[PDB]
Amino acid sequence: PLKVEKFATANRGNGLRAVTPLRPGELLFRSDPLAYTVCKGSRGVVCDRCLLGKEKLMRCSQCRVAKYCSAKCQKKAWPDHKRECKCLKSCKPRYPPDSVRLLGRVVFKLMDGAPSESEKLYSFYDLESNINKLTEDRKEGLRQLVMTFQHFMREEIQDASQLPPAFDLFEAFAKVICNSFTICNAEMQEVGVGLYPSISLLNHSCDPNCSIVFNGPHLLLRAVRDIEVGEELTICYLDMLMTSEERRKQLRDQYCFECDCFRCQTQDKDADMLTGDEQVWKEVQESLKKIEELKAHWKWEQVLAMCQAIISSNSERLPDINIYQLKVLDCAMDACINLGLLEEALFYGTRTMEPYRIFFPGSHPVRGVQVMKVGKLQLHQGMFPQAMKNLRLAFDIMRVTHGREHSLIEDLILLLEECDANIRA
Ligand SMILES: O=C(Nc1ccccc1)OC[C@@H](CN1CCCCC1)OC(=O)Nc1ccccc1
Ligand SMILES: C[S@@+](CC[C@H](N)C(=O)[O-])C[C@H]1O[C@@H](n2cnc3c(N)ncnc32)[C@H](O)[C@@H]1O
Ligand SMILES: [Zn+2]
Ligand SMILES: [Zn+2]
Ligand SMILES: [Zn+2]
């Protein structure tokens, strides 16, 4: 009972196409991960199982690496965790890269788990490796990952008899490179990485007709515009706040392809993204390397101090449509929200609104969430007509990008009903 099918494309490998016309908001596929793990920066901040941020988390007894919010989460995680637990115990004080911990979970799921529904349309065995396009530099990095894997997993995997038949570690890490999904929480904070082999049939577009969203580790795939019969389904692999040049480099380095899409041919939005003084935004782009690192580790006080030094600098400033200024405004808004500084969060949040409209066209889940945050801030401060306007805009977007199957849509409906009741009274 599916509206999509695998097919062989003319020049981008296998892909997914619609077998019937699709309309905005239509759910096309949903999947738990084949395997997933919390990311470096969120380890110890979010529960290893449900990926939610809780202040009280309990370490697993044996390895004291995995953390859980509840007995329920520890129990539901134990099948995925039992064999890596001894390895993490084996390997402390060292912690292995996310990709190595992820592939460990793949190998254990394929060795010990029932066939996974995440592989319904496409399996880990099927995934693109791009090995004949990897540079010598990439291949050397892959060889280091293999040896790191062999080290980390020695307590549980000694020889090939404990790997799937004809399982090649080098090809396996090559697949992880170009098929890994970044798992975001409801607030669009990156909290994990996973493999979803059926979803990995989707080729990329800088102007996609589909979008994915995460509800915990669970993934929803939705159409975000009208799609004709037989049309290829695409998602955007990349953050929207990137120039065509930046997209080219990342698509080359990680995915081994050159994008022929119409936005890349025309450098669509590049000029407006880079307005302001070049010397100023080069420095902000540098500072953002540390700001985003701090944010990935949830160090909100330090994020905020670094952002304020830019937003309210004594030296030259950038227009809010400059993508690097815009990223700074967004980091500062999220830090204020997490620190309970709601007046400041709203000031930064409202400044992001018009640039987000430009740079996230149509229905994009990231703009839907940003608008909902600004609406919620306005609601908590008693600005009801303005909050209502933004909450309704968020719903117009998120009914398409998130849908009834995403728990966040229920929370938005509650905010809509509360803010409406405040206006009616
Ligand atoms: O209150 C805040 N932050 C917050 C506060 C004021 C203004 C803007 C944001 O976080 C609480 C957290 C816990 N939920 C409490 C209510 C239902 C159960 C879960 O959910 C969220 O609101 N996050 C969220 C996610 C996406 C978009 C907007 C907000
Ligand atoms: C997640 S996989 C998508 C499915 C892939 N086509 C396959 O056959 O398995 C990502 C890989 O698909 C290819 N690809 C994805 N989007 C592309 C595009 N827009 N143009 C050319 N190749 C693309 C690249 O090889 C990339 O590394
Ligand atoms: Zn949990
Ligand atoms: Zn453990
Ligand atoms: Zn493109």
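Following the PDB entry, chain A residues are numbered 3-427, in order. No hydrogens, no waters, no symmetry mates; every other heavy atom, side chains included, goes into these values. Atoms within each ligand, like the ligands themselves, are counted from 1 in listed order. If you're wondering, the header gives X-ray crystallography, 1.9 Å.
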Participant: Answer with one of bortezomib, diperodon, camonsertib for the drug at ligand 1.
Facilitator: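 The one found there is diperodon.
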Participant: Tell me which macromolecule has the most close contacts with diperodon (ligand 1), using the naming in the PDB entry.
Facilitator: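 The chief partner is Histone-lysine N-methyltransferase SMYD3.
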Participant: Could you find the nearest protein heavy atom to atom 18 (C) of diperodon (ligand 1) and give me its residue, atom name and distance?
Facilitator: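 That would be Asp413 OD2, 4.2 Å.
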Participant: Out of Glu412, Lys378, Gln383, who gets a non-hydrogen atom closest to atom 22 (O) of diperodon (ligand 1)?
Facilitator: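 It is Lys378 whose heavy atom sits nearest to atom 22 (O) of diperodon (ligand 1).
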Participant: So for diperodon (ligand 1), is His382 a polar contact partner (N or O within less than 3.5 Å, distance only)?
Facilitator: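 Between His382 and diperodon (ligand 1) (N or O atoms, distance only) the closest approach is not under 3.5 Å.
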Participant: Would you look up which organism the entry lists as the source of chain A?
Facilitator: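 By the entry, that would be Homo sapiens.
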Participant: Report, in ascending order of atom number, the atoms of diperodon (ligand 1) lying under 4.0 Å from any heavy atom of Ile339.
Facilitator: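 By the 4.0 Å cutoff, the relevant atoms are 3 (N), 4 (C), 9 (C).
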Participant: When only distance counts, is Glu189 in polar contact with diperodon (ligand 1), meaning an N/O pair under 3.5 Å?
Facilitator: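 For diperodon (ligand 1), there is an N or O atom that lies under 3.5 Å from one belonging to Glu189.
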Participant: Which residues in other chains are near diperodon (ligand 1), meaning a non-hydrogen atom under 4.0 Å away?
Facilitator: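 Heavy-atom neighbours of diperodon (ligand 1): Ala188, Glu189, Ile339, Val371, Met374, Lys375, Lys378, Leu379, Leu410, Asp413.
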